[PDB]
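Below is one structure, written out as structure tokens, with a few remarks after it.
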Amino acid sequence: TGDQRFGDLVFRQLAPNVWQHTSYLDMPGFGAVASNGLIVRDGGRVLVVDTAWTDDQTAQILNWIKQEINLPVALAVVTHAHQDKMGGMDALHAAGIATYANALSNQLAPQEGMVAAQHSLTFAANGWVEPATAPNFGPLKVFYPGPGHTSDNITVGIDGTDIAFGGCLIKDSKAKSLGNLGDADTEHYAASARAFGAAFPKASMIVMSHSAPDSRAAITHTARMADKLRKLX
Ligand SMILES: C[C@@H](O)[C@@H](C(=O)O)[C@@H]1NC(C(=O)O)=C(S[C@@H]2CN[C@H](C(=O)N(C)C)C2)[C@@H]1C
Ligand SMILES: [Zn+2]
Ligand SMILES: [Zn+2]
């Protein structure tokens with residue numbers, strides 16, 4: 001496939017300096033649910049997008065980095081306050097890694113059961129991160145598309161590549177549903193999905209939390225499912 005197993009994780013190289021990490025929830029009651037994030041080598045440092053489901057899994061990602069890249073992890077950015085994205089914050093913090101999330105993700109974190117990130121990102125009215133709140137992010141281009149999967153969901157493009165990361169906002173072009181809608185904004189979801197597409201108009205590889213990377217069809221298929229959901233009444 002391109003995938004490689006390391007312990008209980010899977011890693012897939014997407015570009016010379018980008019890899020997808022995948023971890024699987026092992027809670028007795030759920031199936032082995034996959035969640036994806038990214039690792040980005042930015043020259044002499046590594047940037048992480050999302051934790052794994054648990055601290056231990058997150059620590060395994062750090063060991064894979066240490067072994068396969070062996071550069072310091074300068075920062076991590078997490079894309080919303082749910083377990084699959086922020087479940088491993090304590091592992092990041094035990095490793096002395098500076099962590100960033102949407103201010104709103106840090107405000108929601110105690111209610112959701114997550115450890116807040118150390119630093120809060122804020123956004124302009126057009127959705128682009130305020131650069132003063134995202135210092136030395138290198139190729140990570142952080143975009144808040146509006147409420148969708150959750151109120152706080154953020155997305156990230158990787159400059160120098162054709163990759164954009166949707167997180168749980170975007171589902172693959174064959175998905176049957178939008179997944180967990182318990183925290184979703186059913187009115188704005190579709191528009192937020194289209195905004196993500198518009199913010200990264202040249203990205204041709206769309207990475208998402210719960211499916212393999214897909215084409216831009218993932219974006220339009222998500223926005224459709226979201227508009228169907230809005231119109232059910
Ligand atoms: C527990 C959360 O991390 C949860 C969420 O993000 O809302 C997980 N993330 C999502 C999602 O929509 O991004 C879900 S549903 C996901 C999509 N495919 C699986 C599913 O549909 N299930 C029936 C669990 C897993 C997971 C339960
Ligand atoms: Zn979520
Ligand atoms: Zn998810």
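Position 1 is the first residue of the sequence, and the numbers go up from there. Counting starts at 1 for both ligands and their atoms, in listed order. Side chains are part of it too, since the values below use all heavy atoms of this structure and drop only hydrogens, waters and symmetry mates.
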Check: According to UniProt, what is the name of the macromolecule sharing the most 4.5 Å contacts with ligand 1?
Finding: Metallo-beta-lactamase type 2
Next item on the list: List the drug name given for ligand 1.
Entry: meropenem (hydrolyzed form)
Checklist line | Other-chain residues near meropenem (hydrolyzed form, ligand 1) (heavy atom, 4.0 Å) | finding: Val33, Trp53, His80, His82, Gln83, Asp84, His149, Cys168, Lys171, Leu178, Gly179, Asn180, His210
Note to self: Any chance you can tell me which UniProt Zn(2+) binders of chain A have a heavy atom closer than 4.0 Å to meropenem (hydrolyzed form, ligand 1)?
What the structure shows: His80, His82, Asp84, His149, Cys168, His210
Notebook entry, point to check: If we only count N/O pairs under 3.5 Å, is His149 in contact with meropenem (hydrolyzed form, ligand 1)?
Noted result: yes
Check: From which organism is chain A, by the entry?
Finding: Klebsiella pneumoniae
Margin query: Closer than 4.0 Å to some heavy atom of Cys168 - which atoms of meropenem (hydrolyzed form, ligand 1) meet that?
Written below: 6 (O), 13 (O)
Notebook entry, point to check: What are the atoms of meropenem (hydrolyzed form, ligand 1), with element, lying closer than 4.0 Å to any heavy atom of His80?
Noted result: 6 (O)
Checklist line | Ligand-residue contact atoms, meropenem (hydrolyzed form, ligand 1) with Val33, heavy atoms, under 4.0 Å | finding: 25 (C)
Note to self: Wondering about overlap here: which UniProt-listed substrate-binding residues of chain A have a non-hydrogen atom under 4.0 Å from meropenem (hydrolyzed form, ligand 1)?
What the structure shows: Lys171, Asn180
Check: Which other ligands or ions are positioned less than 4.0 Å from any atom of meropenem (hydrolyzed form, ligand 1)?
Finding: ligand 2 (zinc ion), ligand 3 (zinc ion)
Check: Looking only at N/O atoms, are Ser209 and meropenem (hydrolyzed form, ligand 1) under 3.5 Å apart anywhere?
Finding: no
Notebook entry, point to check: Numbering the atoms of meropenem (hydrolyzed form, ligand 1) from 1, which are under 4.0 Å from a heavy atom of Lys171?
Noted result: 11 (C), 12 (O), 13 (O)
